[PDB]
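Section: structure with ensitrelvir.
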Number of protein chains: 2
Amino acid sequence: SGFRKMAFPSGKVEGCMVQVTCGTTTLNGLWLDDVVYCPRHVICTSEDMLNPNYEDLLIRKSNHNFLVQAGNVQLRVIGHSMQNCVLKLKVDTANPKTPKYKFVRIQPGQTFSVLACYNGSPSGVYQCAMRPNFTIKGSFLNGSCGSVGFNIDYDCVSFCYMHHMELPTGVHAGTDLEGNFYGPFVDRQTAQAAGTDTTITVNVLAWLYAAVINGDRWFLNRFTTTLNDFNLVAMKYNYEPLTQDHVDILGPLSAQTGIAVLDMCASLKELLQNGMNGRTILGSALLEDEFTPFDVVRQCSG
Amino acid sequence: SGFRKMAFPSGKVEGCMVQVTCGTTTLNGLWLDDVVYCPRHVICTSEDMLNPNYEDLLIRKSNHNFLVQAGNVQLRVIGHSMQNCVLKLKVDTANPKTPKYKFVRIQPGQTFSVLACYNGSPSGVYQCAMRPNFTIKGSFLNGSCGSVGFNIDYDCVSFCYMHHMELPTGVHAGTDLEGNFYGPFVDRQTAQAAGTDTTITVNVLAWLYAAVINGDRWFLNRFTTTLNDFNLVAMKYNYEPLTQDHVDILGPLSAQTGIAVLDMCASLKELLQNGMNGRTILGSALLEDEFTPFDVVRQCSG
Ligand SMILES: Cn1cnc(Cn2c(=O)nc(Nc3cc4cn(C)nc4cc3Cl)n(Cc3cc(F)c(F)cc3F)c2=O)n1
Ligand SMILES: Cn1cnc(Cn2c(=O)nc(Nc3cc4cn(C)nc4cc3Cl)n(Cc3cc(F)c(F)cc3F)c2=O)n1
Ligand code: NA
Ligand code: NA
């Protein structure tokens, strides 16, 4: 029993983190096989960060302008290339701790673990969701550029996020590992705005199922609703609309608890219209939306 | 910016987890140097779990009744001894991934990371606090017995918790790594009750400082209070009393924010008497008490 914000074990990723310095600019990189992946922003000097011309800046560098440090060992850069917003540094040593891995772009609403790193050293691990406005509500200080987000499927690390910047509202933005931004952001040191965020409805329903599994049942009720009446209320409250795909995804949890999805939707409609009135669910006084159906199954069934 | 439930990176511990089986009873163990540490409950059969006589049960076993599996490799048990509630299995191979480590007993109110494991394999990592009633509000399924809790100080893993059981209320109890229980529990499969829990006041104040650092300031006010008037209100609300030691521990955070501890106490007194009225702090609608002053500093300053 119990329900916590649970991250994936980070050891397989920790062995891939390095420090990358170009001049006095320094950040984290990811060392897989004989390539180091890092934000191309590392090739900027102070003057360059506000409005860089990356193709120009890269032409002016040589392999020896790049200092890669893997703990004590320095790694020899033998080639470099740019792919969208990442830089790929070819090094002369393949990382012997390279896990089985793949590069995967995630969708809004999906969760992943973040390994926060500073000067190439892992500092902490936490779980977070990609928000509908393509930002994450992370926890990052100066120096965390290049930290990665990942999921684990069996023995395979799926890398899905490389951290680039903090926006003025204190939320975070980054790219997939092919260097393509999540959201309408660009890698320059200018103020950019995220679009308005929304609540991830299918995740809130998954978390209500988790509560029932853990014995929190006070919000349940005898009523049912239809997708359409639900979505008309949800829209009013800045909730993502629910689809029949969402309903099938919640299948295993409906099975395990015997409560139909549209039955649980009727409970959610009640909570939205009446609030919770000082009761809590799984120790929270707000509706949680950062746990996926799969997160709940992984944690409440194994 | 941002503030998350952040665990320590788990790689150094992941390499120490093994599976221990005695008969058909199986659970997790911790392999450091040439010793495997695990809950002595593993020597119980089904019939033995309700009221075991461990000294008898251990006399009847031989080194070959113990199957230790480190992934694929089986490890040869060459001696065994019992220390309080743990079993120490001497094996013929020293773990080459043994980190620098120490065994440390923590106090109520302190936090640690848990690596949840099943059949010797790491499944997830999360952060939690030792509650004042010596339980933890973990997240664990059948098969997690033997999972460990730890902190990291530089390069040194401090092990502080070995998981044994879930109590009827769904909270968890275990021992330090010398086998001594936290709290008034015993390792038998009987219903035991935890004492009443209380809110960890110094942690709530640390979390309010974190909020101010992240720009949440609405609860602040011009008033101050004294330790004594504060403690008379706190007691009423089932909060741990605050000591002058707690006040000095909050020192760095008072410095960084310019708000004196007894000034922040006056804000806490207000929140306790008036509630929060649908406002949130750091994304929560409840007062959080699972972050220590040191957790806040580590995460908000580096
Ligand atoms: C508070 N916060 C939360 N997340 C972040 C991440 N982040 C960061 O760590 N560093 C950045 N700029 C740099 C400055 C440097 C100074 N030196 C010596 N070396 C430096 C290297 C970096 Cl990367 N930034 C800003 C930033 C980074 C980008 F990659 C980008 F495309 C635009 C940006 F504005 C930053 O957000 N800080
Ligand atoms: C739901 N939950 C949350 N945490 C726990 C931890 N836990 C556990 O994993 N296992 C236990 N009993 C066993 C049964 C076995 C059946 N086989 C084949 N092998 C088994 C091994 C174990 Cl350890 N228990 C119960 C338990 C374990 C103890 F170590 C103890 F001292 C008293 C107890 F009641 C358990 O709580 N389950
Ligand atoms: Na209902
Ligand atoms: Na005040």
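The first sequence line is chain A, the next is chain B, and the lettering continues from there. Since chain A takes its numbers from the PDB entry, the residues it shows come out as 1-302. Going by the PDB entry, the residues shown for chain B are 1-302, listed in order. Side chains included, hydrogens not; waters and symmetry mates left out as well; all remaining heavy atoms used. In each ligand, atom 1 is the first atom listed, and ligand 1 is the first ligand listed.
One finds ensitrelvir in this structure at ligands 1 and 2. Bound to ensitrelvir (ligand 2) with the most contacts here is the chain that the PDB entry lists as 3C-like proteinase nsp5.
Other chains with a heavy atom closer than 4.0 Å to ensitrelvir (ligand 2): B. Geometrically, ensitrelvir (ligand 2) and B:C145 share a nitrogen or oxygen pair separated by less than 3.5 Å. Where the criterion is an N or O separation shorter than 3.5 Å, residue side chain and backbone included, B:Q189 fails it with respect to ensitrelvir (ligand 2). Residue contact check: B:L141 has heavy atoms under 4.0 Å from atoms 1 (C), 2 (N), 3 (C), 4 (N), 5 (C), 37 (N) of ensitrelvir (ligand 2). The protein atom (non-hydrogen) at minimum distance from atom 27 (C) of ensitrelvir (ligand 2) is B:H164 O, 3.2 Å. The shortest heavy-atom distance from B:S144 to ensitrelvir (ligand 2) is under 4.0 Å.
Among all protein heavy atoms, the one lying closest to atom 19 (N) of ensitrelvir (ligand 2) is B:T26 N, 3.1 Å. By the criterion of a heavy-atom distance under 4.0 Å, the side chain of B:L27, and not its backbone, is placed next to ensitrelvir (ligand 2).
Counting heavy atoms closer than 4.0 Å to ensitrelvir (ligand 2), residue B:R188 contributes backbone atoms (N, CA, C, O) but none from C-beta onward. Of all UniProt domains in chain B, the one holding most residues touching ensitrelvir (ligand 2) is Peptidase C30. The backbone of B:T24, and not its side chain, has at least one atom closer than 4.0 Å to an atom of ensitrelvir (ligand 2) (non-hydrogen atoms only; backbone = N, CA, C, O).
Numbered from 1 in the order shown, with element, the atoms of ensitrelvir (ligand 2) that lie under 4.0 Å from a heavy atom of B:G143 read 8 (C), 9 (O). Of all atoms in ensitrelvir (ligand 2), numbered sequentially from 1 with element shown, those under 4.0 Å from a heavy atom of B:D187 are 31 (F).
For the pair B:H41 and ensitrelvir (ligand 2), the shortest N or O to N or O distance does not fall below 3.5 Å.
Atom 14 (C) of ensitrelvir (ligand 2) has B:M49 CE, 4.2 Å as its closest protein atom, hydrogens excluded (heavy atom only). Closest to atom 36 (O) of ensitrelvir (ligand 2) among all protein heavy atoms lies B:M165 CA, 3.0 Å.
For the pair B:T25 and ensitrelvir (ligand 2), the shortest N or O to N or O distance does not fall below 3.5 Å. Contact annotation: for B:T190 versus ensitrelvir (ligand 2), there are no heavy atoms closer than 4.0 Å. Heavy atoms under 4.0 Å from ensitrelvir (ligand 2) belong to B:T24, B:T25, B:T26, B:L27, B:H41, B:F140, B:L141, B:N142, B:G143, B:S144, B:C145, B:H163, B:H164, B:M165, B:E166, B:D187, B:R188, B:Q189.
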